Structures are given as structure tokens and as C-alpha cells.
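Drug present: atorvastatin.
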Amino acid sequence: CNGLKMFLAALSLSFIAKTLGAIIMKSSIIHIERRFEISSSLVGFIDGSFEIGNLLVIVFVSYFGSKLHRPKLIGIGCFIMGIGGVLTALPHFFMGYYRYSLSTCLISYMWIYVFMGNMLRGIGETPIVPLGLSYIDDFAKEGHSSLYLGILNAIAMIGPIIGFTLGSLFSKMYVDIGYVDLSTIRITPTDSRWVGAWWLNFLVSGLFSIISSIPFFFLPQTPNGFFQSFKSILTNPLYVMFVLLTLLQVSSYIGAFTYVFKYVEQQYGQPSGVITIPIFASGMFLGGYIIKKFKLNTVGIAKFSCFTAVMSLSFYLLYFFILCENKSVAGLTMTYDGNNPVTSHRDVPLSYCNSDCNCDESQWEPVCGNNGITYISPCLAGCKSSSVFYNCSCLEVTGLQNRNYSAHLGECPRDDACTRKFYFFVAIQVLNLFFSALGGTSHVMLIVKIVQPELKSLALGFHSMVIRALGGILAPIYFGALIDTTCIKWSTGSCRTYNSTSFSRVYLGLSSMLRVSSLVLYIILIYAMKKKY
Amino acid sequence: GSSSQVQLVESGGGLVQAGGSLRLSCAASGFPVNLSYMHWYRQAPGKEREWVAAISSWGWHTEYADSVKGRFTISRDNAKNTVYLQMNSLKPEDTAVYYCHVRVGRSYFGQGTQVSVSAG
Ligand SMILES: CC(C)c1c(C(=O)Nc2ccccc2)c(-c2ccccc2)c(-c2ccc(F)cc2)n1CC[C@@H](O)C[C@@H](O)CC(=O)O
């Protein structure tokens, strides 16, 4: 510990703190919805409060904080994050006791505090990445800041592990722990009225941020115009090219990793990271190691990041050839009788087998029979008696008497040919995660060398605004819009099933085009750097 | 507000005749109770703690039980720091002792007064 290593330890602890807090916000939002009895637009607005608070002031704090005492301001931001977590846990402490109280064929204002501390957490997230990493760069020795950045991004993945374990553990217990005798609660954690101890999650997050706040305040400053500088950032063509590039690439990353589980469910039929976390943590540290040990300059780091994204997209193009066959669903892609396909999935005709008993056509109760054809309800499958479902008459046979019953409930799994293709899919996603982590620190590491040395904090703040705004918010919105234009059964809400060929084509091809655009901008950007340098 | 704990005392309880009207009061002393909800519970003999009513910090939220609805009205005064409960059009099934609940830090309850209702 030569003075600087103490700062890297404290900054790694703060990275764990903020990445823990993000997972706690993502995990304990359903319990807040059940406890506060708030609507979907309201809980989305509370969820977006963090982005509002961060995106309002991130450029101003990153600009005005570089000339000031940087570790003290990082500690102040960590303390504001802890106060926001404590304030988010605060409305539980003074509300009181929480209160909570087969489709057969027929032949109030306390949420503001949870809002407000979340905004504080937004300011808590604000000075960590721009002011911290820049304070790394002017006083770490040359080549070493990539290694410290890879170490910090590897160490910060401990935070989601702590968040997942504490979230599951404190969601297993009741919200009124320590206040009521536990034998008096009649409901189970699987019930729809259960609320876990979300206040415990925000309490441990706030106290962890508060504990991480102290080691910043004892670090020294050194170990041994706004529009004018912001115009100087924006008028650099290499920087605005790199920011548009990284917007496209990170938007592809976010629009992929938001819907990986939905793609797995609607393609391979397997329902929705123990091994992937060592792969990611080794990949990011390996990226820092390759940048540090090989003595890469700025065009070298640009070429290395380009190479990693080329291998990532080379494995990403292979996902088109591992598609399973489409689901055999009666009433959406074919008619209910199983003889004639239908031209379009909107307002399909009814069949003569299921004309007789009138059930809900919009009801979704997935079953499949002996023949492997998925049926959408036991009313529309012809099944009149259930124990399994029996006497199903919407399955045409040429006198096969035994093929009239034995239909289980749920979406039964697909063939074993594409079950191996699912394992191929998971292996290629592991390789893509490894190469994305191998890219990793290069996005930050190019920015501090593109700009002037006294505008690195402003540049990192503006880039972080752009990535969290047009990549963190709008990119899942238009990915969800383009994905939901391929819905095949609308539940009156989110669609239950998708058209697997069309959904696969759109979800893969949008990220493919969005990646090849940044891959073209690689040749443009390295061409510009090689002309300049 | 240097105090040990919050003490809650009920007032205005008394015997009624038929479907009359009661004027219940809950006075709190000690910590500042500007930010805390106050609830009213009942305790009928032979039955557990049933919940009756609640009031928010500033009185913007009034949440009630389904058993007594349209007749009980809860109200607050922040300056006197005292929660009132208007009761009217009663039945003798409402005969219980009424406890006042606040959770400034720890859950606090009152002594309670008999809100005994005669038959008429
Ligand atoms: C959890 C974290 C380390 C992470 C991952 C990741 O490892 N995902 C992961 C998940 C499962 C398995 C394996 C890996 C990805 C991440 C990595 C690769 C691909 C997709 C997401 C990101 C991330 C980076 C930039 C973004 F714009 C958004 C998120 N982030 C957040 C880093 C940082 O940019 C955001 C920070 O400023 C605020 C915060 O910490 O909340």
C-alpha cells in the first residue's frame, strides 16, 4: 500500500457499494409495489427516479469536481448514497402492521420517500465513475490504470453476488420481522400477498455505503467555462465518433442482455450465472492485463477493442444457424383441428371440435397432447374431464382410440435435436460475455487519451450521461417495441408467446445491424487516428 | 425532542345508548410524531386484535377497515399532536376497547378506553 493502493481499495469498495445498490433496486421493486399498493406507471416512475437524479447532475458534478478535492467529493457522494438507502428503508419504520386480508369445457404518499432517496442514490452514483477513474489516471503510473480498472471492474462483480444472496434471504422472511410473532402469519412466501424485508435490503445497502464513505475522507488530494470546455469536448470529431460508436455497441449489449432469457424461453423452451461470473471477472482482468503487459498505445487499444468486438460479432453471427423449429400451436399458427394452416394469426376461425362448448378464447392455459401439438386451453383442446386431462376431442386420428387422453399441463419441452443447440447457444453466449469483458476497460481507457488531460472528468461524465441515457433507457424501449411487434398472442398486457422465427430474426438482426454500424465506425475511427497520429 | 419513548393516552371513551356517537381521542407525548401514521385497533372480549382505522402523517391518506365504513371518520391535529375518531350510527357488535397505535421507531400502543355500546 503505497498511498494510491489505499485509494484503489476504497474506490473498489465504493464500486461494490453502488453495484450492490443497483441490484437491490432491481430486486426489491416488486416488494415495494406490493407494500405501497402503487400502480405500474407509479412504480416505473420511482424506478426511473434514479436515472432522473443521475442524468440531471452528472455532467455538472464531473466538470466542477475535477478542480476540487476529488476523494472527498467521492466520499460525499457515497454518504449521499447511504443516506438515500437509509431514507428508502425509512418508510417501513413508521407505517405499522402490513395488512393482506381450471377452464373446463362445458357441454399512499410515503412512496415519495422511496422516490427521494432513490434520487439521492442517483447523486450517490454521480461522482464515482467520472471523478474516481480520472483521479486514477493522472497519478497512476503509465500502463497501470488499465490494470487497476480491470481489477476494480472484477471486484465490483462481488456486489451483485451479495445483492442476490441478501435479496433472496431477506425476501424469504417476512417484512414485519422482529415486530410480530411468526406463527401468526398464515400466508406462504409463494403467495401473491407476500412482502419480503425490503427495508432490510435498503438498510444493509445504506449502511454498506456509509461504511465505505469513511475511507475516502482521510485520503489526500494528491498521493505525493462550462460551455467552453463542453464545446471543446463536443467539437472533437474523434470523441463524438467514439461516443456514437459506444452508444451503438452498448445499446446492442443492453438490448441483448435484457431479453436473453425471453429469447431462450420462446426459442428453446427452457424456462428462465454461477459459471458466467468467473468468466466475466477473468475476462475483464485479462483485458486489463493484455493492455498493461503488451504496452498498448491509444491506436493499439483501439485496434484491440476492435479485434475483441470482431470476434464477439463473429460468434454472434452464428446464432442464426441454431434456431429450433417453430412451435406447433393450435389456434395461432395452425387451426385447432390440426389439418389446415392459417394465413394470419389475427382473428383465426374456430373449429368444429371446439365450437360446442363456449369458453374464453383469450384465456391462455397451455397444454400439449400425445401428438406433441400445443393447445392453448383445455376448452379448446376438447378435454372435458380432468383428474392430466381426458376425453380430448380436438385431436384428429384415423380411428386411434388410445390417442384421446393423457395431455399434461404446461408448455411441454421441444425435441432433443435443438436441446443440444441450446447448449451451443449458452456456450456461445459465454464466449460473447468473455469477449465483451475482454473489450471491457477499453471504452473508458480510450476516452482519457482522446481528450485533453484536464477534461477527462468532464469527458467521462458526458459519456456516462450518453450511455445511461440513450443506451440505458431508450435502447430497451425500442428493442421492446421491435420485439413486441412480433407478438403472436396478446393477453388483455405483455404477449404470452411470440412468433419464434420472426422474433428470433428481429431480436438477432437489430443487434446485428447495430453492431455492424459500430464495426464500420471502427474502420472510420482507426482511419482517423492513423491519419492524426 | 429529547425524550425516552412515546406515551399514548386515549380519551373520550364512554357508554352510549343505541346508535349514538362517540368522540375518541389519542394524545401522544415524547418524540416528534410529525411523520408517523396513527392507527386505531379494537379488542373485543374473546377475539383477537382487529384493525379499525388509520391516518397518515399529514392527514392526506385516510384508510379504513371494511367492517366499519361510511360512518367512522378519523382526523388529525399536528399542532396538538392528537388523533380524533368520530363514530356514529353504531351497533352493539362494536363494543370493544380501542387502542391507539403509532410506530415512531418502535411500535407503541395505548392504555385504551371502554367504548361500550348498549343495545337500543
Ligand atoms: C453488474 C455490472 C458490473 C455490469 C455488467 C455486468 O457485469 N453484467 C453481467 C450480468 C450477468 C452476467 C454477466 C455479466 C454490465 C454489462 C456487461 C456486458 C454486457 C451487458 C452489461 C454492465 C453495464 C455496462 C454498460 C451499461 F450501459 C449498462 C450495464 N454493468 C454495470 C457497469 C457500469 O457500466 C454501470 C454503472 O455506471 C452503474 C451500476 O453499476 O449500476
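Quick note on labels: first sequence line is chain A, next is B, and so on, each numbered from 1. Both counts, for ligands and for their atoms, begin at 1 and track the order of listing. Below, each value reflects all heavy atoms present in this structure, side chains not excepted, and no hydrogens, waters or symmetry copies.
Lab note - all copies counted, atorvastatin located at ligand 1. Lab note: most contacts to atorvastatin come from the chain UniProt lists as Solute carrier organic anion transporter family member 1B1.
Other chains in heavy-atom range of atorvastatin (under 4.0 Å): A.
Residues touching atorvastatin within 4.0 Å, heavy atoms only: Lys18(A), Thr19(A), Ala22(A), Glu125(A), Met157(A), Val250(A), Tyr253(A), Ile254(A), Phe257(A), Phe280(A), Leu433(A), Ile467(A), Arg468(A).
Result for atorvastatin at 4.0 Å: UniProt transmembrane segments of chain A, from the N terminus, with a heavy atom inside the cut-off are 1, 4, 5, 7, 8, 10, 11.
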